[PDB]
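Structure, as structure tokens:
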Amino acid sequence: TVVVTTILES
Amino acid sequence: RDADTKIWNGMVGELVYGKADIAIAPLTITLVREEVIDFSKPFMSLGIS
Amino acid sequence: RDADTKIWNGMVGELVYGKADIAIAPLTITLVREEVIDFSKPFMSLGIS
Ligand SMILES: NS(=O)(=O)c1cc2c(cc1Cl)N[C@H]([C@H]1C[C@H]3C=C[C@@H]1C3)NS2(=O)=O
């Protein structure tokens, strides 16, 4: 499936 | 991308080396990122304040 | 576009029908225009006033 990368930032 | 080894790292490095398919994240669209990955039109407006 | 005929009249129609190469123009990036012609990233930010 599609992998969503992201950063931990509010 | 750290020139030292011209290795893109972080969220860009997951996209260039294919371990992640998309980066829906607060990522600033800049010139050096255009050379290896393609952005959509920018969803959020921001400026230095 | 034309009224249920899809003949684009405007600066889009000079692009979509092979007449012009590029529109360096005040042209809104919208959804339907994206499907028929390409856009760059925006050079001006604005809204309905
Ligand atoms: N509300 S906001 O400031 O987050 C915001 C910011 C922007 C929006 C829409 C909203 Cl709601 N749309 C534009 C987009 C719509 C089309 C025109 C320019 C791009 C493609 N990007 S933007 O100018 O970055």
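Letters A, B, ... mirror the listed sequences (proteins, then strands); counts begin at 1. Be aware that this covers only part of the deposited structure, with contacts counted strictly within it. Computation of the quantities below employed the complete heavy-atom set of this structure, encompassing side-chain atoms and omitting hydrogens, waters and symmetry-equivalent molecules. For ligands, and for the atoms within them, numbers begin at 1 and follow the listed sequence.
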Next on the checklist: Just trying to sort out this structure - which chain has the greatest number of contacts to ligand 1, name per UniProt?
Outcome noted: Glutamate receptor 2
Next on the checklist: Hey, which drug is sitting at ligand 1?
Outcome noted: cyclothiazide
Next on the checklist: I'm mapping contacts for cyclothiazide (ligand 1). Which other chains have a heavy atom under 4.0 Å?
Outcome noted: B, C
